[PDB]
**Q** 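Let me begin by handing over the structure; questions about it come next.
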Amino acid sequence: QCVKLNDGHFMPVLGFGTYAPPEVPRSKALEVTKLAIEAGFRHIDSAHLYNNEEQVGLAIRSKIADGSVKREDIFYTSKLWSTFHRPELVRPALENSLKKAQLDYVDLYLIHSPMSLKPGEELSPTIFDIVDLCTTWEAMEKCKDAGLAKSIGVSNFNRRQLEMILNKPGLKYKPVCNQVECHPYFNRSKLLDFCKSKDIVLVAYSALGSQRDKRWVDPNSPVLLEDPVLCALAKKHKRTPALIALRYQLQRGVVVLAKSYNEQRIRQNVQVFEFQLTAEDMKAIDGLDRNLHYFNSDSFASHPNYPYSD
Ligand SMILES: NC(=O)c1ccc[n+]([C@@H]2O[C@H](COP(=O)([O-])OP(=O)(O)OC[C@H]3O[C@@H](n4cnc5c(N)ncnc54)[C@H](OP(=O)(O)O)[C@@H]3O)[C@@H](O)[C@H]2O)c1
Ligand SMILES: Cc1cccc(Nc2ccccc2C(=O)O)c1C
């Protein structure tokens, strides 16, 4: 239940999303990540941005300590925040994430976003920065060579941003993945074909339609999990709309994340491996595509490097 990455490492095809908004107590992250591992998740997705790396790292170390899993059975991802794009800041930012989680290495480190922000400890300084992401990428390469990250990749990059890295003079390591918003309303078919042509894995976030956080998501936007085609497919397969949306991705060759802080829904989500969709089903889902990205905020849209500009 793994995909082989372009550097020889393996990535579990279903990942646990760990972001929760700051009104959720930090202690929840520890509890739900343990539940995710007990359920059968082996891919755990975190980031400096999420302010949960201590808890998530502790959940992983607990499950190693109690004997359920070994470190090498867990694929752990963190991400370089956008205030740390300057090359000399990359490795220290990774080392801080590692110290927070109390781990020797991350399976995957990503550039969280191509939209550089003014350097500082403040996450949302209130202001943009201009940085050659090719130099950021060089510093990511050195973190791989150092054994700080097994694999390195990008997140929120469009085709052109991804091409910039791929065409870089003296490239040593291709991004193994690009983790992007991806679900039946914004299925990224063209970007997905581009990544397949390069042996780069596309990892889908907001695959269940996002947490609909009012800071970036319009509450008027359609609720993906109430979609009538999804609901009709869930009735046909006697599963749930969430399960259909996750299975859709696996059948497209997409690595899919699923966040849930709910005990029942965490266990429910690993049922994605227990059924499959037919071609007529996949076509019905493909027909939902309507260029809708839930994250739709002035914070992003006015950035010189906004990925949805193309
Ligand atoms: N690279 C980036 O910039 C980026 C951006 C967004 C997300 N991500 C990563 O991707 C992860 C997932 O994306 P996301 O946070 O946008 O959320 P998501 O996976 O789209 O989930 C949205 C909501 O779906 C609900 N849910 C989960 N399972 C369900 C089920 N079986 N039935 C009904 N509802 C279900 C969850 O609510 P409950 O908790 O109540 O179950 C969750 O809040 C994030 O946690 C983060 O790790 C990365
Ligand atoms: C478009 C963009 C740019 C930088 C970071 C993110 N990611 C997040 C933004 C707010 C809250 C959570 C996340 C996430 O990474 O889960 C996105 C969606």
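Since chain A takes its numbers from the PDB entry, the residues it shows come out as 6-131, 138-321. Counting starts at 1 for both ligands and their atoms, in listed order. Method of determination (from the header): X-ray crystallography, 2.0 Å. The figures here come from the full heavy-atom set of this structure, side chains too, leaving out hydrogens, waters and symmetry mates.
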**Q** What would the PDB call the drug seen at ligand 2?
**A**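 PDB records call it mefenamic acid.
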**Q** Which chain forms the largest contact interface with mefenamic acid when counted as heavy-atom pairs under 4.5 Å, and how does UniProt name it?
**A**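 It is most in contact with Aldo-keto reductase family 1 member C3.
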**Q** Below a 4.0 angstrom heavy-atom separation, can you tell me which part of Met120, side chain or backbone, both or neither, approaches mefenamic acid?
**A**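 The answer is the side chain.
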**Q** Counting only heavy atoms closer than 4.0 Å, does mefenamic acid sit against the backbone of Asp224, its side chain, both, or neither?
**A**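 Neither; nothing of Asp224 gets under 4.0 Å from mefenamic acid.
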**Q** Can you name the atoms of mefenamic acid, numbered from 1 with element, that are less than 4.0 Å from a heavy atom of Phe306?
**A**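 Answer, ordered by atom number: 9 (C), 10 (C), 18 (C).
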**Q** Heavy-atom distances under 4.0 Å are what count here, so tell me which part of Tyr305 touches mefenamic acid: side chain, backbone, both or neither.
**A**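 Answer for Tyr305: neither.
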**Q** Say whether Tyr317 and mefenamic acid are in contact under the criterion: heavy-atom distance to a ligand atom below 4.0 Å.
**A**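 It does not, in that no heavy atom of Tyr317 comes within the 4.0 Å cut-off of mefenamic acid.
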**Q** Report the UniProt substrate binders of chain A that come within 4.0 Å of mefenamic acid, using heavy atoms.
**A**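 Among the UniProt binders, by heavy-atom distance, it comes to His117.
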**Q** For mefenamic acid and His117, I'd like to know whether there is a polar contact (N/O to N/O, distance under 3.5 Å).
**A**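 Between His117 and mefenamic acid, an N or O pair is found under 3.5 Å apart.
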**Q** Source organism for chain A, as stated in the entry?
**A**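 Source per PDB: Homo sapiens.
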**Q** Considering only non-hydrogen protein atoms, determine which one is nearest to atom 16 (O) of mefenamic acid and report residue, atom name and distance to 0.1 Å.
**A**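 For this ligand atom, the closest protein heavy atom is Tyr55 OH, 3.0 Å.
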**Q** Are any of the N/O atoms on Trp227, whether in the backbone or the side chain, positioned under 3.5 angstrom from an N/O atom of mefenamic acid?
**A**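 Among all N and O atoms of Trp227, none is under 3.5 Å from an N or O of mefenamic acid.
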**Q** Output the list of atoms in mefenamic acid that are nearer than 4.0 Å to some heavy atom of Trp86, sorted by atom number.
**A**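 Close to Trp86: 4 (C), 5 (C).
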**Q** Within a distance under 4.0 Å of any heavy atom of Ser118, pick out the atoms of mefenamic acid and give their elements.
**A**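 By the 4.0 Å cutoff, the relevant atoms are 3 (C), 4 (C).
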**Q** I'm curious whether mefenamic acid gets near the natural ligand site - which UniProt NADP(+)-binding residues in chain A have a heavy atom within 4.0 Å of it?
**A**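 UniProt-annotated residues with a heavy atom under 4.0 Å: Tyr24, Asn167, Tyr216.
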**Q** I'd love to know the binding site of mefenamic acid - heavy atoms within 4.0 Å, chain and number please.
**A**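 With heavy atoms under 4.0 Å, it is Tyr24, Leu54, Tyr55, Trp86, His117, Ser118, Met120, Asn167, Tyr216, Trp227, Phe306, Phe311.
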**Q** Would you mind listing each N/O atom of mefenamic acid next to any protein N/O under 3.5 Å, plus the distance?
**A**
residue        : atom   : partner : partner atom : Å
mefenamic acid : 15 (O) : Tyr55   : OH           : 2.5
mefenamic acid : 15 (O) : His117  : NE2          : 2.8
mefenamic acid : 16 (O) : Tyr55   : OH           : 3.0

